[PDB]
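Structure of LY2874455 in complex with Fibroblast growth factor receptor 4.
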Amino acid sequence: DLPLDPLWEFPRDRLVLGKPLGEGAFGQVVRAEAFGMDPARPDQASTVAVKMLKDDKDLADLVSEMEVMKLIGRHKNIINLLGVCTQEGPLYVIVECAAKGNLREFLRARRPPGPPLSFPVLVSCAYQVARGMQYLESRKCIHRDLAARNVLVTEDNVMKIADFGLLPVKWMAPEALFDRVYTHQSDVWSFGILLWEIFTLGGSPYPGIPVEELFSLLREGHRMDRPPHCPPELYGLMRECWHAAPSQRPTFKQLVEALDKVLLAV
Ligand SMILES: C[C@@H](Oc1ccc2[nH]nc(/C=C/c3cnn(CCO)c3)c2c1)c1c(Cl)cncc1Cl
């Protein structure tokens, strides 16, 4: 419908859509080839992802997400906005393409037969996700859902948090699960769960426990055990994230600093 933004408007003519990528609630995402995305070289073709409506009240969320992405600006560890097609019919939101898919699938696809994903790589994944979450928090933005399937992997193993904005019960903090309140510290609880997903190479949280009585065990002070071959330093981080009192869990800065110290152990 309305405005035309000269910092972001990109012509349909140099966008040829490709094969779908997935989901997601807000609309289908499709691979696409864009021409001249870097106006330095207007030849330099590149692979981008395009978010569209399916065909709506989702038009409101789609425009809303686009405007949010403009506000936050770039960062290494989020899916960044590249341009928008508002001018000749259907809305297109062009964002960067993570070639290796989501992090849980990246992990599961390279699992041993039992007992590549060396220890620096997995620490590198956790460090990058912590850096992206700290940045989103610093822009007063947030991403409740945070789970390994919410994280995308580029061709060069850069982690990018998909979507952010200004049911998944095994990732939710107690106060969000029961009091329906969400803060940065409840993200830290979810990041702890994501940490466990990473060092189980894409495992399912609380294996075997159906999605009910989980809450009673959390009230008993129980939490998932240390996964195999996970060093005690990283399990310590996980359990600090799973402290019941929100102010006793670490902030994303402290998680950044602790993970960075683990990366430096080289
Ligand atoms: C619903 C979908 O949203 C997005 C949003 C922005 C994106 N930029 N780039 C990708 C690449 C997705 C992909 C899927 N598979 N592969 C390898 C093989 O094709 C690549 C992508 C996906 C999704 C999916 Cl598709 C997966 N996990 C999380 C989410 Cl949010």
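Numbering, chain A: per the PDB entry, residues 453-507, 511-570, 583-633, 651-750 in sequence. All ligand and atom numbering here is 1-based and tracks the order in the structure. Heavy atoms only: backbone and side chains are in, while hydrogens, waters and symmetry mates are out.
In this structure, atom 25 (Cl) of LY2874455 (ligand 1) lies nearest to the protein heavy atom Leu473 O, 3.0 Å.
Checked by distance only, LY2874455 (ligand 1) and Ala553 come closer than 3.5 Å through their nitrogen or oxygen atoms. The N/O atoms of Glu551, backbone and side chain alike, include one that comes under 3.5 Å of an N/O atom in LY2874455 (ligand 1). Protein heavy atom nearest atom 24 (C) of LY2874455 (ligand 1), with residue, atom name and distance: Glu475 OE2, 4.0 Å. The single protein non-hydrogen atom nearest to atom 19 (O) of LY2874455 (ligand 1) is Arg483 NH2, 4.2 Å, given as residue, atom name and distance. Counting heavy atoms under 4.0 Å from LY2874455 (ligand 1), residue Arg616 touches it through the backbone alone. Of the polar atoms of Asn557, at least one N or O is found under 3.5 Å from an N or O of LY2874455 (ligand 1), judged by distance alone. Protein heavy atom at the shortest distance from atom 2 (C) of LY2874455 (ligand 1) is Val481 CG2, 4.5 Å.
The entry attributes the origin of chain A to Homo sapiens. Among all non-hydrogen protein atoms, the one lying nearest atom 21 (C) of LY2874455 (ligand 1) is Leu619 CD1, 3.5 Å. Among UniProt domains of chain A, the one with most residues near LY2874455 (ligand 1) is Protein kinase. Ranking the protein heavy atoms by distance from atom 16 (N) of LY2874455 (ligand 1) puts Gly556 CA, 3.5 Å first. Listed by atom number, the atoms of LY2874455 (ligand 1) under 4.0 Å from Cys552 heavy atoms are 8 (N), 9 (N). Of the protein's non-hydrogen atoms, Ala554 O, 3.1 Å is the one closest to atom 17 (C) of LY2874455 (ligand 1).
In this structure, the protein non-hydrogen atom closest to atom 30 (Cl) of LY2874455 (ligand 1) is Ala629 CB, 3.8 Å.
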